[PDB]
S.K.: 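Quick one: the structure is below, questions incoming.
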Amino acid sequence: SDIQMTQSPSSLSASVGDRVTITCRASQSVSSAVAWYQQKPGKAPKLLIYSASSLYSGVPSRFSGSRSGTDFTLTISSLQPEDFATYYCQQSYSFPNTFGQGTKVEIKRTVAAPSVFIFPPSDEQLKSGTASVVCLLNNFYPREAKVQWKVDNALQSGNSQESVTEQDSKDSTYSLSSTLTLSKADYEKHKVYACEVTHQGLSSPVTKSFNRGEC
Amino acid sequence: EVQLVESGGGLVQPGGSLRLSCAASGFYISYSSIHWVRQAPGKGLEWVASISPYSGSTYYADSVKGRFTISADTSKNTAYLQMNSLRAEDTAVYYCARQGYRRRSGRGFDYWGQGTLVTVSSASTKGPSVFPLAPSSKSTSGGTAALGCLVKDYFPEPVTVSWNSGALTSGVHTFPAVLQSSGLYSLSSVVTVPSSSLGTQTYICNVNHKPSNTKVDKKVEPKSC
RNA sequence: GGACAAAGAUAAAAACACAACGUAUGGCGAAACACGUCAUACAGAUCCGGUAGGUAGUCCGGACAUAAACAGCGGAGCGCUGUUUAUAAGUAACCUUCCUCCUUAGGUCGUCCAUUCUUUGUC
Ligand SMILES: Nc1ccc2cc3ccc(N)cc3nc2c1
Ligand SMILES: [Mg+2]
Ligand SMILES: [Mg+2]
Ligand SMILES: [Mg+2]
């Protein structure tokens, strides 16, 4: 039977100087054969802790590791701006090796309302034979937001794809784009298209809409 | 001084074979365990395979058992991962890692490569079709409007987007590409500009897709009335 | 006094040779497994009877314990249970008694200790 490593929490929000703890629970004994790593987006992981308590050469002291039974914790005594990354735990007691699902450490910030814009399909795209309508939610925090597309005030499901940016270096906010892809004919069968955003910063749903064939 | 460089990734069709290499420098692979770990785009690390020192013992994960072979060539100081009968789920960045000395670093992986991308897909290289996202015809909210381009139906990655030939770099968000049901990628790049400039200033996005040899400059302007 | 006899108490006591693979755990070797090396442990010298009175780590016989092979049971592999076999060569070799034409053998009888003192019966 393979060993499972369950990492909690999947995502954590904290500020510079915070003490952070991430835990990993093993389905069976793994003794002390546990390691932790830090992967910054687009970069290879870097070894942080080995043998589940030992600090790897050259790693900052603030990072520590503790073992209680089959539970292992990684602790940063005081966060620094360079310490915001995804963190992984790994067991190496028995093959096959297994990794934790990861924990992303993000900057904590003021609740920020999204600025919402709606872009109608371009004429070149309708000449190409497809229609895409793009909603943009700009500079908002936290990353938890919802977009409800409405064609002629009719809710649409399964035709919308979303994409979110990594937290900004300066504003520490996330931006989201939602794209609704409809057939050119279907885009030409409906007169009203709206984007409804429900976010914590938004006291009420904020909707930005256009009509088919209007300026 | 210690370095690992993976190579040999790329795009392969489902059911096809690929062979990854991990060239080492600053150490001899015979005295260490070598591991291959893959990371699917937007997903976590997944251990793939390992080779032990002085025995050649090979260990694999269930997801790859029977289809992957890990080997080592000491004279070329290089590890290898042979993948046969590949499928879309194998698409990932593959790192090779050195396992550290047990006395110094336990069983942790102390050095990794930059990774190499493996894309399993039947899609053919397509040049991106860049469309224009017009700034709001109505007055913008906040006094700054948003104008963007849509780089849609391009394979494979990556694309590069500049604005005004790179003169406009502040406030631009290029979104991560999303794979659509077609198997082709799509993304959008948007910029916020002062609304006073929308009629006075012309905004162009420059999209480059080197794999297809595609350079496009698309002008985004407000629409009629 | 001495002799024979029985019954007691006491003491004694087996030659030569006794091997060689390997397994497990842990440490170390640039070392999760394999490999090499070192340390430690295991690798029937348990119990009983007999062997014309006695002496067995090695006999003969049996039991038990432990290991291997085979059979059965439960959820190919894995774990147990039951049976068989094994646990040196060797009670081989030499010497020796008897028997058998397995006779250039096979079996079998021996190889060691049995001292000292006490009581009684009859000469
Ligand atoms: N070599 C031998 C031969 C026969 C033996 C017979 C014995 C009978 C009883 C005992 N206690 C020890 C014995 N030892 C013997 C040693
Ligand atoms: Mg006896
Ligand atoms: Mg003796
Ligand atoms: Mg015998």
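A note on names: the letters A, B, ... follow the listed sequences, proteins ahead of strands, and every chain is numbered from 1. All ligand and atom numbering here is 1-based and tracks the order in the structure.
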S.K.: Just wondering what drug sits at ligand 1.
M.R.: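 It's proflavine.
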S.K.: Quick one: what's proflavine (ligand 1) bound to in this structure? I mean the chain with the most contacts, named like the PDB entry names it.
M.R.: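 The chain with more contacts than any other is yjdF RNA (R. gauvreauii).
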S.K.: Write down the other chains contacting proflavine (ligand 1), where contact means heavy atoms under 4.0 Å apart.
M.R.: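 The other chains in heavy-atom contact are C.
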S.K.: What residues line the site of proflavine (ligand 1) at a non-hydrogen cut-off of 4.0 Å?
M.R.: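 On a heavy-atom basis, the binding site is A14(C), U51(C), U55(C), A56(C), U91(C).
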